[PDB]
S.K.: 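Opened a PDB file with nirmatrelvir (bound form) bound to 3C-like proteinase nsp5.
Chain letters run A, B, ... following the sequence lines, proteins first, then strands; residues in each count from 1. Basis for what follows: all heavy atoms, side chains included, without hydrogens, waters or symmetry-related copies. Method on record in the header is X-ray crystallography, 2.6 Å. Start at 1 and go down the list; that is how both ligands and their atoms are numbered.
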2 protein chains.
Amino acid sequence: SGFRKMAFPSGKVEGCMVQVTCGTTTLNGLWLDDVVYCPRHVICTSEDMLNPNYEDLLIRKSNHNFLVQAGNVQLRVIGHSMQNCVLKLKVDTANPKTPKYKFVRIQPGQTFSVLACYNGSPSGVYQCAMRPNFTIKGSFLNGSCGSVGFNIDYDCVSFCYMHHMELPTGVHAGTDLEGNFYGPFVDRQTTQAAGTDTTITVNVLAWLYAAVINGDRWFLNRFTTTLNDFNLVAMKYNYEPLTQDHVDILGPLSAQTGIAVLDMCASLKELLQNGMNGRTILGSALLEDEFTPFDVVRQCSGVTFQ
Amino acid sequence: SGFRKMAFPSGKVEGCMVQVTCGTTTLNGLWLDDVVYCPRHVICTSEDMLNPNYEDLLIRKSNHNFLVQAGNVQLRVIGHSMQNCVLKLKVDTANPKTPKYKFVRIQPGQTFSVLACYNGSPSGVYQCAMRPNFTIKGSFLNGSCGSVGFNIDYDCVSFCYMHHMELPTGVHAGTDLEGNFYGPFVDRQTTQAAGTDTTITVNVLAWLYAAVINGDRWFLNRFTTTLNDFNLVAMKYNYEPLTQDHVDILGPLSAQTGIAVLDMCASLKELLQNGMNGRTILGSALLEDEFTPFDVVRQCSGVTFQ
Ligand SMILES: *C(=N)[C@H](C[C@@H]1CCNC1=O)NC(=O)[C@@H]1[C@@H]2[C@H](CN1C(=O)[C@@H](NC(=O)C(F)(F)F)C(C)(C)C)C2(C)C
Ligand SMILES: *C(=N)[C@H](C[C@@H]1CCNC1=O)NC(=O)[C@@H]1[C@@H]2[C@H](CN1C(=O)[C@@H](NC(=O)C(F)(F)F)C(C)(C)C)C2(C)C
């Protein structure tokens with residue numbers, strides 16, 4: 001019944017976006033209750049950003065130095081603090097469209113939806129994955145910072161990402177909502193390299209399950225294997241180790257398609273050795289690693305929100 | 001700065017979704033002002049759907065036979081009519097979250113965002129294209145019908161699709177919001193075939209422009225060509241004819257990258273002849289045809305909504 005890179009619906013989060021201006025720098029903010037969270041480099045000028053001293057810049061700021069606009073309405077700031085690489089502006093108005101929400105810090109391999117924004121206005125929404133090198137393959141221009149990444153569980157928005165910077169290779173980096181970066185990056189304009197990226201094995205298998213459910217079954221073989229042996233052949237192709245926790249997490253997909261997890265591992269071994277020989281799987285000639293087990297289940301069983 | 005299959009933010013449309021039940025059939029509705037639009041096969045039973053007589057079924061229905069739920073709130077129906085394959089239920093309450101909206105009928109080649117819903121609740125959002133054979137490569141399960149496709153221009157939602165049925169090959173079919181199908185399909189459970197699908201040439205070129213902007217330039221050659229000659233080589237590969245209107249529509253991307261449209265056509269000719277020889281473009285080993293000129297411009301210049 002089809003299989004696509006699907007994102008969460010964005011309305012709950014659109015109701016939280018605002019514009020934060022400080023001097024001439026403008027970027028995005030998240031308004032939740034009476035607090036606005038945004039990247040702390042909003043207090044910089046251009047020339048500060050090469051090697052900035054944030055605490056020093058913040059001393060010279062008052063409440064009134066921050067311009068916070070929700071649509072046309074201006075939000076008076078009544079306090080400011082800095083928490084790691086994020087900035088919290090207390091405001092005089094609680095956001096009446098605040099959803100149930102929590103702040104989470106995802107693990108490498110987990111996915112989320114990004115609502116890319118400019119000037120506090122939503123431009124578009126797409127689904128990303130936290131790569132094992134702690135980067136994301138997103139799409140962002142100048143002024144995108146403060147755009148956020150999230151998951152929805154029924155009614156609760158789990159905010160897990162806030163965008164800060166783009167790295168030499170076209171990939172992106174940021175923080176959780178407490179302002180700690182993911183990976184070894186810092187918020188300054190200096191040379192930073194990513195680290196080598198490894199392929200998320202459990203997400204590939206999840207995608208192969210997605211393919212069977214959808215009738216694409218040519219890659220299934222009749223063989224099995226052991227976790228140990230599988231992991232030796234994967235290592236060579238820069239695939240992450242598959243833990244037993246991964247196997248257990250794949251149990252629901254295993255149960256529903258009646259294909260033991262270690263059979264699917266066998267099928268993947270073959271694909272890593274022999275290549276596809278010019279065939280596709282779900283429309284793709286490359287093995288895809290940006291869908292979690294949970295993503296496959298929600299899409300191929302039709303889970304909804306609110 | 002990255003390039004992804006990006007969808008419009010969905011909040012404006014989420015505020016319009018409702019659940020329509022009639023007998024035991026439940027599917028999705030669109031509530032705009034005081035009218036709910038949904039697929040007319042909500043009035044069927046299972047066994048009716050093999051060869052249904054819709055006008056006959058609707059005679060036997062009253063207002064009170066339709067259960068319309070917006071969240072927990074029930075909407076009293078105060079009238080019903082049928083317009084082609086869509087059904088309009090007048091209700092006693094106008095939807096206070098109705099956006100500025102219009103109903104449009106897109107052309108093959110145009111893209112839009114689908115908000116897949118079940119039981120009047122949003123499950124996820126993704127971007128599709130109206131294929132030249134008048135199908136879409138979507139992702140839908142039972143109960144998805146009435147989910148809608150749309151574009152946003154600043155503040156106005158242009159609704160262009162409503163989902164009705166899935167075709168033997170995993171692809172999907174539906175109507176505009178006046179209830180006319182796209183392509184030769186009808187709303188009955190009988191064998192229907194798609195027609196052969198052709199590749200949308202102008203969208204491919206747009207994607208190649210997207211690639212240059214993003215620094216991927218290996219496929220550019222030094223040669224030019226004529227529209228005429230180009231179109232002869234494309235025909236063989238089941239690529240649509242490139243009209244002069246297409247060339248003009250590509251003028252903004254041409255202007256910004258300083259690459260005449262007919263140079264890019266030359267570069268595409270080579271790719272259709274020689275293949276990629278194992279290289280990628282924007283991460284893909286296949287030429288991609290699901291981004292319009294307009295989509296590339298909005299994403300790679302950062303257009304926002306509201
Ligand atoms: C936030 N609004 C922008 C978003 C950027 C702009 C281009 N694409 C994006 O994702 N973030 C920044 O401009 C951050 C910000 C200063 C510099 N910066 C960068 O993203 C730069 N990157 C780096 O210096 C590097 F190489 F370390 F990654 C830039 C050269 C502009 C891509 C600060 C405070 C780090
Ligand atoms: C609306 N809620 C569903 C959505 C379907 C279910 C599976 N994926 C979808 O997109 N639509 C239907 O069930 C429509 C509906 C009766 C039958 N139908 C179909 O989609 C069927 N297709 C066809 O009969 C065919 F081959 F012509 F395309 C089905 C076999 C269930 C896929 C009506 C009124 C056409």
S.K.: I'd love to know which other chains sit under 4.0 Å from nirmatrelvir (bound form, ligand 1), counting non-hydrogen atoms.
M.R.: A
S.K.: Per UniProt domain annotation, where in chain A do most residues contacting nirmatrelvir (bound form, ligand 1) sit?
M.R.: Peptidase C30
S.K.: Tell me, which protein residue and heavy-atom name are nearest atom 14 (C) of nirmatrelvir (bound form, ligand 1), and how many Å apart are they?
M.R.: A:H164 O, 3.3 Å
S.K.: Let's see which UniProt active-site residue of chain A is closest to nirmatrelvir (bound form, ligand 1) - and the heavy-atom distance, to the nearest 1 Å, please.
M.R.: A:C145, 2 Å
S.K.: Could you peek at the entry and say which residue and atom carry a covalent link to nirmatrelvir (bound form, ligand 1)?
M.R.: A:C145 SG
S.K.: Tell me whether atom 30 (C) of nirmatrelvir (bound form, ligand 1) lies less than 4.0 Å from at least one protein heavy-atom position.
M.R.: no
S.K.: May I ask which of A:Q189, A:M49, A:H172 has a heavy atom nearer to atom 17 (C) of nirmatrelvir (bound form, ligand 1) than the others do?
M.R.: A:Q189
S.K.: Would you indicate which of A:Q192, A:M165, A:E166 comes nearest to atom 22 (N) of nirmatrelvir (bound form, ligand 1) when only heavy atoms are counted?
M.R.: A:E166
S.K.: At a 4.0 Å threshold, what atoms of nirmatrelvir (bound form, ligand 1) neighbour a non-hydrogen atom of A:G143?
M.R.: 2 (N)
S.K.: Under 4.0 angstrom from atom 34 (C) of nirmatrelvir (bound form, ligand 1), is there any protein heavy atom?
M.R.: yes
S.K.: In nirmatrelvir (bound form, ligand 1), which numbered atoms sit nearer than 4.0 Å to a non-hydrogen atom of A:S144?
M.R.: 2 (N), 4 (C)
S.K.: List nirmatrelvir (bound form, ligand 1) atoms under 4.0 Å from A:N142, heavy atoms only on the residue side.
M.R.: 6 (C), 7 (C)
S.K.: Give the atoms of nirmatrelvir (bound form, ligand 1), by number and element, whose distance to some non-hydrogen atom of A:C145 is under 4.0 Å.
M.R.: 1 (C), 2 (N), 3 (C), 4 (C), 11 (N)
S.K.: Say whether A:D187 and nirmatrelvir (bound form, ligand 1) are in contact under the criterion: heavy-atom distance to a ligand atom below 4.0 Å.
M.R.: yes
S.K.: Give, by chain and number, every residue with a heavy atom within 4.0 Å of nirmatrelvir (bound form, ligand 1).
M.R.: A:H41, A:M49, A:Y54, A:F140, A:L141, A:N142, A:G143, A:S144, A:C145, A:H163, A:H164, A:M165, A:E166, A:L167, A:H172, A:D187, A:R188, A:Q189, A:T190, A:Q192
